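Chain A is numbered as in the PDB entry, which gives 28-273 for the residues shown. Both ligands and their constituent atoms are indexed starting at 1 by order of listing. In what follows, every heavy atom counts, from backbone to side chain, and hydrogens, waters and symmetry copies are set aside.
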Amino acid sequence: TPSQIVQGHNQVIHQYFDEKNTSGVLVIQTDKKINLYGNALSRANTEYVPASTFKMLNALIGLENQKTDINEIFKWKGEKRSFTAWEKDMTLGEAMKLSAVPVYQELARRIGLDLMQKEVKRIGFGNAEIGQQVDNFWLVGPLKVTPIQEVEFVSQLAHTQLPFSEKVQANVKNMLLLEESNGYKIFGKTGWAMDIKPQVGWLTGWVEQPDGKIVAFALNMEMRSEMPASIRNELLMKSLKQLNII
Ligand SMILES: *C(=O)[C@@H]([C@@H]1NC(C(=O)O)=C(S[C@@H]2CN[C@H](C(=O)N(C)C)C2)[C@@H]1C)[C@@H](C)O
């Protein structure tokens, strides 16, 4: 009789990251319990630049402090942008889904260095340090955050427990809906810091199950320039299915 290799979700999600030849962690939180999966669990308590995941908090601060509103159309004023898809007028929510950093640079500048630093420290996001450059502090340092801190943050958003008004949290949640099917909803925000070394990739968000239960996640992995951006979505969705969260 031969032996059988028996592999549960822990081994499988470790091997999903090995197959991409990169280092990654998936942090899960539900019912105030956090579990770690992937091939690089020490990443879960390591600080990384948040990159575009910071747009969730930029939006909360800008809406709370009435620097913008959910219907405002941010105009494309004519500079060549990183992607043609960004060369259009769009709302905060559209810019969230596209990760359109020039819209959120305009918003960060309206908020201003002083209010932004005070608000980031009030929330206590990551190392709460934004330095002197108001338009890139989430992209190239000095702001850094761990994957565990991101899962705690996004779980609070999902539960309307951040220290912001309930309407502002509801409105930002609505900007983050990625998919709905069969009574499940997936909400989340991607990020990819391409301008530092090592590059960092994120996908932070939560699943709302058909009975209303919230399962939050933070995927964090080392990226390289030849990977498709969808590698993050692929690894997340395969892992969530292995975990029977979807
Ligand atoms: C934020 O982290 C950066 C941007 N965020 C992402 C991302 O995480 O997906 C990208 S790539 C972006 C995704 N949607 C566009 C697309 O796929 N096409 C138009 C083809 C591009 C950026 C690196 C950064 C800009 O701050």
>> Got a name for the drug at ligand 1?
In response: meropenem (bound form)
> Counting heavy-atom pairs under 4.5 Å, which macromolecule has the most such pairs with meropenem (bound form), as named in UniProt?
Replying inline: Beta-lactamase OXA-23
> Which residues lie close to meropenem (bound form), i.e. with a heavy atom under 4.0 Å?
Replying inline: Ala78, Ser79, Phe110, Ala112, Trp113, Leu125, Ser126, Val128, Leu166, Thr217, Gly218, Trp219, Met221, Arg259
> Does an N or O from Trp113, backbone or side chain, lie closer than 3.5 Å to an N or O of meropenem (bound form)?
Replying inline: no
>> As an exercise, identify every atom of meropenem (bound form) less than 4.0 angstrom from a heavy atom of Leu125.
In response: 14 (N)
> Tell me: protein heavy atom nearest atom 19 (C) of meropenem (bound form), and distance?
Replying inline: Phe110 CD2, 3.6 Å
>> Looking only at distances, can you tell me whether any N or O atom of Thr217, backbone or side chain, sits closer than 3.5 Å to an N or O atom of meropenem (bound form)?
In response: yes
>> Suppose I only count heavy atoms of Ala78 and a 4.0 Å limit; which atoms of meropenem (bound form) are within that range?
In response: 2 (O)
> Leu166 heavy atoms, cut-off 4.0 Å: which meropenem (bound form) atoms fall inside?
Replying inline: 26 (O)
>> Mind pulling out the UniProt beta-lactam-binding residues of chain A that sit under 4.0 Å from meropenem (bound form) by heavy-atom distance?
In response: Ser79, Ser126, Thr217, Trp219, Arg259
> Is atom 16 (C) of meropenem (bound form) in close reach of the protein, with a heavy atom under 4.0 Å away?
Replying inline: no
> Purely on distance, is any nitrogen or oxygen of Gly218 under 3.5 Å from one on meropenem (bound form)?
Replying inline: yes
> Starting from atom 22 (C) of meropenem (bound form), which protein heavy atom do you reach first, and at what distance in Å?
Replying inline: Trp219 O, 4.6 Å
>> Checking the N or O distance criterion of under 3.5 Å, is meropenem (bound form) in contact with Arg259?
In response: yes
> What is the nearest UniProt active-site residue of chain A to meropenem (bound form), and its minimum non-hydrogen atom distance to the nearest 1 Å?
Replying inline: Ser79, 1 Å
> Do any nitrogen or oxygen atoms of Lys216 come within less than 3.5 Å of a nitrogen or oxygen of meropenem (bound form)?
Replying inline: no
>> Just wondering where the covalent bond from meropenem (bound form) goes, residue and atom, if there is one.
In response: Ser79 OG
>> Quiz question for you: does at least one protein heavy atom lie closer than 4.0 Å to atom 4 (C) of meropenem (bound form)?
In response: yes
> Please state which protein non-hydrogen atom is closest to atom 24 (C) of meropenem (bound form) and give its distance, to 0.1 Å?
Replying inline: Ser79 OG, 3.4 Å
> Nearest protein heavy atom to atom 25 (C) of meropenem (bound form), by residue and atom, and its distance?
Replying inline: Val128 CG1, 3.6 Å
